[PDB]
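Here we have a structure that includes aciclovir.
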Amino acid sequence: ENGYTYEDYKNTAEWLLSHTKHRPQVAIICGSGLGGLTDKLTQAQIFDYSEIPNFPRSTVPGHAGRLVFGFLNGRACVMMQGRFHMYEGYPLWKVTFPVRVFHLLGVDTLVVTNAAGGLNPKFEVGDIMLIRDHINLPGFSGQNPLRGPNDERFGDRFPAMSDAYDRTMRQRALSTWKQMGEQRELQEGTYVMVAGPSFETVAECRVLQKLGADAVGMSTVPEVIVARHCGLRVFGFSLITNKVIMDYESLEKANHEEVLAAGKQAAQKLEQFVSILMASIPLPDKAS
Amino acid sequence: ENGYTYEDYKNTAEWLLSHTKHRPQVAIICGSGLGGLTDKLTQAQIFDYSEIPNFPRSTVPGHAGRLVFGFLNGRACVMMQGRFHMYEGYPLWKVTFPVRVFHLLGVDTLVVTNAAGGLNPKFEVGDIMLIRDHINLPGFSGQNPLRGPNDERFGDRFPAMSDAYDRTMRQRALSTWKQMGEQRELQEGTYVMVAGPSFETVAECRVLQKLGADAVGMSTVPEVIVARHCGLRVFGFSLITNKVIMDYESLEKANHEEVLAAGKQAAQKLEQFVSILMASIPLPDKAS
Amino acid sequence: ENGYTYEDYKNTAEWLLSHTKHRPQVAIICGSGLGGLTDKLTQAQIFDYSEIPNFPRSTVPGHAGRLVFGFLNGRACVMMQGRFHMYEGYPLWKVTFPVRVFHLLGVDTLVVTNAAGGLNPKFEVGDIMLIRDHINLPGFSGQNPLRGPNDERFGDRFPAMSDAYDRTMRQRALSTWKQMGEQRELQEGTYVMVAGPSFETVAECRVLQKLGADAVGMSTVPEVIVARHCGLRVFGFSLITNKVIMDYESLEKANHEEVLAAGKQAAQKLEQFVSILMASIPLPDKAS
Ligand SMILES: Nc1nc2c(ncn2COCCO)c(=O)[nH]1
Ligand SMILES: Nc1nc2c(ncn2COCCO)c(=O)[nH]1
Ligand SMILES: Nc1nc2c(ncn2COCCO)c(=O)[nH]1
C-alpha cells in the first residue's frame with residue numbers, strides 16, 4: 001500500500017501494457033529455484049524489474065530478477081522470476097507492488113510458489129505443499145502490506161484472509177495431482193511466514209510447529225494479502241526444500257545453499273504441475 | 001513516546017485546558033460503533049482532533065474523529081470518538097499521543113472500549129468482555145508505544161503491565177453488571193492485539209486461541225501501556241462484534257462491515273454500562 | 001547490517017586497534033548489573049562509546065556506557081559495559097554494531113550475558129541460565145539485525161542459528177560449573193527475546209512459557225545473530241533476576257528496580273564464573 005500512489009500503479013501497469021502485446025490473466029510469482037517456469041512460456045516477452053517504471057529493482061538476487069509475460073498452458077501469464085523479500089529491506093508495500101500492478105494489468109489470478117522449510121514430519125524434503133492457509137507472523141506485529149490508508153480503489157479496509165487460498169483451485173488441484181498419477185498425494189498445509197534472513201533455531205522450530213505451521217518461509221504471505229485485497233483468485237504451493245530440525249539432534253541440515261531440492265527436479269515437478277494447472281484456472285470468458 | 005517532546009504534550013494539554021472549561025478526570029476511548037457514548041455527555045464541548053495543537057488528525061475514519069469533553073454519570077470525562085490504529089500508519093507514539101495528553105489534562109482514569117473478534121467459544125457475538133489482561137503481540141516484536149528514550153516525567157523505563165487492567169474496577173464492575181440484573185454475566189477475558197488491516201485466517205485464529213487470547217483486536221493495548229506508564233487507573237471492555245472462524249467450516253462470517261453488533265444496541269448496552277460505571281470510578285477527592 | 005557501510009565497521013575497528021595496544025580475541029557483552037566484570041580485567045583500557053568513531057552513544061543508561069579492553073583470565077578481552085537495547089530506539093543494526101566491530105578487531109568469541117525474567121519454575125531468582133537456544137520473537141516479525149542487503153564480507157545471506165550457542169562451550173561449562181563445586185547445577189534453557197520496555201503480563205507470561213521459553217529478556221538475541229553471521233563462537237548466560245508471574249496470584253514481583261539479584265552477588269557469581277570460563281575458550285593459537 002504505502003509509498004506508492006494509485007497513479008504509480010496506474011502508470012506502471014499502463015506502461016507495461018503499452019509495452020507488451022500480451023494482456024495477462026494469470027500472475028505467477030516463482031519461488032527460489034522455481035524461476036524455471038519462465039522456460040515454459042511461449043511468445044515470452046521479458047522485462048527486467050529495472051526497466052519497469054516503479055517496480056522495485058533487486059538486491060544481490062537482482063542477478064535473477066525479471067518479469068516475463070508469456071503464455072503458460074493455455075493462459076496469458078506474467079511470471080515474476082525472483083520475488084522481493086522483507087529480509088532484503090523492501091518495505092512490504094514494495095515487496096507486494098507487483099501484485100497490485102498485475103491486478104491493474106488485468107490479472108485475475110495469482111499463483112504464488114515458494115521454497116520453504118518443513119515443520120510437518122510427514123513432509124519429505126522435495127515434497128510440494130499446497131497452501132491451504134497461512135499464519136502471517138510479521139503481520140501480527142504490524143508488518144502487513146496493507147498498513148497505511150486503504151485504497152478503496154483496490155479494496156476494503158479490513159479484508160478477510162480466512163479464505164485467501166482458493167478452495168476451488170485447491171480441490172481442482174488435489175484432484176489434478178491425482179489426474180497425472182503423481183504417486184504420493186499433493187501434501188497440503190499451513191505456511192508460516194517468518195521474516196529475517198536467519199534460519200529458525202530448534203526452539204523457534206518448535207513454536208512454529210505448535211502454532212500449527214506445516215511449512216516455514218520468508219515470503220508469499222505479503223503478496224497473498226494484497227492479491228486478496230484486490231480480489232485476485234489466489235492459490236499457490238510450497239516446495240519443501242529442507243526439513244527444519246525440530247529437536248537437538250542436529251548435525252542434520254536444512255541449508256538454502258542446500259536448495260538442491262529446488263536445485264533438483266523437485267522444482268521441475270512443481271513447475272510442470274503449475275503449468276498443467278493453468279487448465280484448472282477459470283477464464284474471464286466463462287462460456288458455460 | 002517518540003516523535004513528540006514533553007512540551008508537545010504540555011502544550012497540547014494546556015491548550016486543551018485553556019479551551020475547555022472542563023477539567024476531566026476520566027478519559028474514555030470509544031471503540032468502533034461505541035462512539036455513541038458521546039451522546040451521554042452533558043455540557044459537551046467537542047474538539048476535532050484537527051483543531052487541537054499536536055493531536056494526530058485522522059485518515060478515512062477522520063469523518064468520525066473528535067474529542068468531546070462532557071460529563072458522564074457524575075464524572076468529568078473527555079471521550080475520544082474514533083481512536084487511532086496502527087494499521088492506519090500511525091506510529092504507536094501517535095496512536096497513544098492522546099493518552100499522554102489526558103494525563104496532563106488531569107485525567108486519572110482511562111476506560112478503553114473496542115470492538116473485537118471472538119476466539120473464546122463461550123462468547124456470543126454481541127457479548128461484552130471485561131478486559132482482565134492482554135497479549136501485546138506487536139510489542140513482542142518491538143511495536144511498543146514506549147520504545148525510545150523514556151520520559152521519567154511520565155513514568156518508568158520498565159513499567160509493569162502484569163496489573164494493567166484495574167482489579168478494583170474489574171471487580172467493582174463484574175458486580176455492577178450484576179447490580180442492574182443484566183441476565184448473562186459480564187464475560188471476562190484476555191484481549192490479543194493484532195495489527196494490520198486484514199482479518200485473521202483460521203490458522204491465525206488458532207494460534208490466537210492457543211496463546212490464550214479470549215478476543216482479538218487491532219488497538220487498545222498501545223493506549224493501555226502508556227496509560228499505565230502514566231499511572232492512569234485502566235479498565236475497559238471489548239464488545240465481541242463477531243466470532244472468529246476457528247475451523248475450516250467457513251462460509252460463516254465475522255465482517256467488520258458486519259459491525260452491526262456495534263451497529264446494534266450491543267454497542268448501546270456497553271455504553272450505558274460504561275456510564276453507570278462512572279459511579280464506580282474512584283474520585284480524586286476521596287472523602288472517606 | 002543496514003545503516004553502516006563496511007568501511008564504517010572497518011574504520012571503527014581499525015581506530016580501536018590504532019588506539020588500544022590490546023588485540024582482543026574474546027568480546028563480552030555484560031548484561032544489566034553484570035558490568036562489574038570490567039573490574040576483573042588487567043591492563044584495562046576504557047573507551048566511552050562516545051569517543052569511538054561510529055559506535056552508537058547511549059540514552060539514559062549512557063551514564064553506564066563504555067567498552068573496556070582488558071585481559072580476563074588468560075584471554076584478550078573487550079568487554080562492553082551496558083549493551084544497546086531495541087526498546088531504547090536503536091535500530092537493531094545499531095544495537096549490534098559492536099559485534100560486527102569486534103569481529104573486525106579479531107575477536108573470535110563473544111560471550112553474551114543478560115539479566116532476564118524466569119518463565120521456568122525450576123529457576124529461582126538468582127539462578128544462572130546457560131543459554132542453549134533462543135526464540136527470536138522480534139525476528140519473526142522482521143526485527144532481525146541482518147535485514148537489508150547481506151554483506152558477504154561478513155557472512156551468508158541465510159545464516160543458520162540452529163547452532164548459535166556453542167555446544168562445545170556449553171558442555172565445557174556445564175562441566176566447569178561442576179568443577180568449582182557450585183552446589184546447584186548451572187541451569188540451562190531457552191531465552192526468549194521480547195522488545196519493548198514494558199514487562200510481560202501474566203497472559204504474555206503464559207504464551208512465553210507455552211512457546212518453550214525458559215527465560216525472557218530484551219536483548220542478546222540480536223547480538224548473537226550477527227555474531228553467528230560472522231562466525232564468532234557464541235555462548236552466554238542469563239542471570240534470572242526475577243520470576244515472571246505466570247498466574248493471577250500477583251502482588252508478587254519481578255521489578256527491574258528489583259534488579260537486586262543483579263544488585264547482589266548473583267551478578268558476582270556469574271561474573272567470576274565467566275572469568276574462569278575464559279580458560280575454556282579455545283585459543284586462536286591451538287598448539288595441540
Ligand atoms: N525459514 C526457512 N525458510 C526456508 C527453509 N528452507 C527453505 N526456505 C525458504 O527460504 C530460503 C530458501 O531455501 C528453512 O528451513 N527455513
Ligand atoms: N482482528 C479482528 N478484529 C475484529 C474482529 N471483529 C471486530 N474487530 C475489531 O476490529 C474491526 C472492527 O470490527 C475480528 O474478527 N478480528
Ligand atoms: N522481559 C523481562 N525482562 C526482564 C525481567 N527481569 C529482568 N529482565 C531483563 O530486562 C530488565 C532488567 O531486569 C522480566 O521479568 N521480564
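The chains referred to below are lettered A, B, ... by the order of the sequence lines, with proteins before strands, and numbering in each begins at 1. Atoms within a ligand are numbered from 1 in the order they appear, just like the ligands themselves. Computed over heavy atoms, backbone and side chain alike; hydrogens, waters and symmetry mates excluded. This deposition comes from X-ray crystallography, 2.8 Å.
Per the PDB entry, the macromolecule in most contact with aciclovir (ligand 1) is Purine nucleoside phosphorylase.
The other chains with any non-hydrogen atom less than 4.0 Å from aciclovir (ligand 1) are A.
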